[PDB]
Asks: 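Quick one: the structure is below, questions incoming.
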Amino acid sequence: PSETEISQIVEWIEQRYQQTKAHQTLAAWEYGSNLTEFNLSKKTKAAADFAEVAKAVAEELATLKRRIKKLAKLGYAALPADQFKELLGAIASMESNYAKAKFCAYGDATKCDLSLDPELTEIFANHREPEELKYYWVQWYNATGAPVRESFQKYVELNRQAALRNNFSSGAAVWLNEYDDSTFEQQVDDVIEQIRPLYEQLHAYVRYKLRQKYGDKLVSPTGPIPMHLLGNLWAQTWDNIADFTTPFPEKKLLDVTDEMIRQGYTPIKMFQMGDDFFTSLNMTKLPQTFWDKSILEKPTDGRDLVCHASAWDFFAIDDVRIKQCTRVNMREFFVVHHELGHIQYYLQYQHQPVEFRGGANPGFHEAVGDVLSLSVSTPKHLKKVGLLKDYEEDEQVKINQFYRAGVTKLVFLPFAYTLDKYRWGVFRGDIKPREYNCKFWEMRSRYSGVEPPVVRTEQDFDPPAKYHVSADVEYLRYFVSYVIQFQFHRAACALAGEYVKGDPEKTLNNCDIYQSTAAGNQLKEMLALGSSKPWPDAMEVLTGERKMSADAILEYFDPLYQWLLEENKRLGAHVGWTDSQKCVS
Ligand SMILES: *[C@@H]1O[C@H](CO)[C@@H](O[C@@H]2O[C@H](CO)[C@@H](O[C@@H]3O[C@H](CO)[C@@H](O)[C@H](O)[C@@H]3O)[C@H](O)[C@H]2NC(C)=O)[C@H](O)[C@H]1NC(C)=O
Ligand SMILES: O=C(O)[C@@H]1C[C@@H](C2CCCCC2)CN1C(=O)CP(=O)(O)CCCCc1ccccc1
Ligand SMILES: [Zn+2]
């Protein structure tokens, strides 16, 4: 047979394999927004009904050769139907336990309807009572972590079996194989080192001021930071305390909260301003199928659902939905853009076959939305839209401008790095089950300098307390994002004439790229490829480079770096930390 002959058959397998994706995807959405035993029994069926399809599509099998092997990645479909159900069953048992968790208020046993979103999320983000933050910290982990230890161990062994039947060493080889570059696990390690001098200086700064506020008894000047004081359950972002520990408080903030309240903001209003951005870039306009079938507010009926913001692609055409329990605050506003970046990416490669209907690599997907967040963060873009007015950006302000960006986005790179670095150690057998917990906190202490609020033990199993852990969702994507999103932001700040390496008062940190079609067109082209071309090619269409480069982000925070170096010295603050003793064996 000729080239077209083999291609004439794949297209017949493209659709047949693409329909059961939507069936399995739609059934996954039902259980995603309506946690019911009935919906779980239907999600796993469409999955099993799908695995039967992928299993058969494999044996039945330049662009061509890619498809013949890009459509056969079983994933977990290599296991027998009984083990396939057993794997997804253990996973859902963790995600279910994660989204259904409810808690009793601190000091009130009669009120026991508190949930992660909104109560717990906003308690940590705004309460400055240590004993309270600690109480909710233990309650959250003892409820979402250890109770699913047994289900997790089952999920691991089957994830490893699937990796073997797919011809791989362990689960780690799978997630890494997604980036298709044996020299990538080492690339990441290199970038973290390039970031360590900056993060530690910022870490020391935060710790000292956290010691100012709460006192020395609660914050050791030489030990890791109690993570429950960083305004976030997982300490992945410290934005919720940026104002609480700001360099110069007698300055203008960038909360953009009350001015969202004053101007009567609604969850739908926010998403509109997001659609308003992509359109200005000559990109896709948010369709109506999204306005209808999406969930942009926590349902006030009482069902059980996964409030963890997400964006879905049911394949087919133009059916894009976002499930986010939105609230009125600046933090949520950026969460929207991250989800919209996922929706946009769907609309760009929807004209591709089922194989190439995905981002170049997991990093691109997560990065898209945050790239706009970089421009929105700027006062320039916030000043255009009333949210930000009378903002006399001084030199100090630009420090707070660089500071917030650090405690918000910089501290997240070490966090995202440790997550997958740990799971890889569990898949590769480097972490025995008898030491699951204290090896996790050992990494969190080493690479982020934060420790639990109370002494944990191996009886506890805290990793599942993170959504992505209980849901089996790779997190390195979020790390790669925070590295490439500055490269994209760079090549997008240059095509909008908003960045020239050296530009004094036209900084790469104040680069607002609204109404830039040239940047959009080039962005549309990269997203259009999806998984059609290797990610180096997609990497080049927009950035011009073909490798992940920390030069962008390193240039972003260098102004903050120089102020921390000079400031930590004067403040007489300690840098670095001793090992954490908050986990015993
Ligand atoms: C969350 O999922 C559950 C599934 O366990 C949904 O229950 C289902 O609700 C629909 C109606 O929304 C039921 O269909 C109805 O059947 C009656 C006859 O009994 C018919 O007259 C109605 O026109 C409608 O077709 C369905 O039977 C029911 N399934 C089960 C197993 O109870 C629930 O509605 C979902 N929640 C939300 C908020 O969507
Ligand atoms: O909160 C977190 O932990 C991270 C970081 C944060 C992000 C946006 C705000 C600014 C900081 C970075 C938000 N988020 C997300 O995972 C949101 P998603 O759309 O990727 C959610 C991706 C998971 C999709 C899924 C759902 C069900 C089954 C399988 C897969
Ligand atoms: Zn994402």
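We number each residue from 1, following the sequence as shown. Read the numbers this way: they start at 1 and go in the same order the structure lists the ligands and their atoms. Excluded from the calculations below are hydrogen atoms, water molecules and symmetry mates; all remaining heavy atoms, backbone and side chain alike, are included.
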Asks: For ligand 2, which chain wins on contact count (greatest number of heavy-atom pairs under 4.5 Å), named per the PDB entry?
Replies: Angiotensin-converting enzyme
Asks: Which option, sunitinib, amiodarone, lumateperone, trandolaprilat, fosinoprilat, matches the molecule at ligand 2?
Replies: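 Among those options, fosinoprilat.
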Asks: Record the part of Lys409 in heavy-atom contact with fosinoprilat below 4.0 Å; permitted values are side chain, backbone, both and neither.
Replies: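 No part of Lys409 is near fosinoprilat at this cut-off.
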Asks: Can you list the atoms of fosinoprilat that are under 4.0 Å from a heavy atom of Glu366?
Replies: 20 (O)
Asks: Quick one: what other ligands or ions are closer than 4.0 Å to fosinoprilat?
Replies: ligand 3 (zinc ion)
Asks: Which atoms of fosinoprilat are found less than 4.0 Å from any heavy atom of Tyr475?
Replies: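 Per the distance check, 2 (C), 3 (O), 4 (C), 5 (C).
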Asks: How close does the nearest protein non-hydrogen atom get to atom 2 (C) of fosinoprilat, and which residue and atom is it?
Replies: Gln236 NE2, 3.4 Å
Asks: Contact between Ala309 and fosinoprilat, counting heavy atoms under 4.0 Å?
Replies: yes
Asks: Please list, in number order, the atoms of fosinoprilat under 4.0 Å from a heavy atom of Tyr467.
Replies: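 Contacts of fosinoprilat toward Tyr467, numbered from 1: 26 (C), 27 (C).
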Asks: Counting heavy atoms only, which part of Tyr478 comes closer than 4.0 Å to fosinoprilat: side chain, backbone, both or neither?
Replies: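 Just the side chain.
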Asks: What part of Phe333 sits under 4.0 Å from fosinoprilat if we count only heavy atoms: the side chain, the backbone, both or neither?
Replies: neither
Asks: If you count the atoms of fosinoprilat from 1 in the order shown, which ones are under 4.0 Å from a heavy atom of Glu339?
Replies: 17 (C), 18 (P), 19 (O)
Asks: Pull out every atom of fosinoprilat sitting under 4.0 Å from any heavy atom of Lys466, numbered as shown with elements.
Replies: 2 (C), 3 (O)
Asks: If you measure from each non-hydrogen atom of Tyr482 to fosinoprilat, which part falls under 4.0 Å: side chain, backbone, both or neither?
Replies: side chain
Asks: Short list, please: which atoms of fosinoprilat are under 4.0 Å from a heavy atom of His342?
Replies: 19 (O), 20 (O)
Asks: Which residues make up the contact shell of fosinoprilat at 4.0 Å, heavy atoms only?
Replies: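 By heavy-atom distance, those would be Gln236, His308, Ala309, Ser310, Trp312, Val335, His338, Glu339, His342, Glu366, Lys466, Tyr467, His468, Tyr475, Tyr478, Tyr482.
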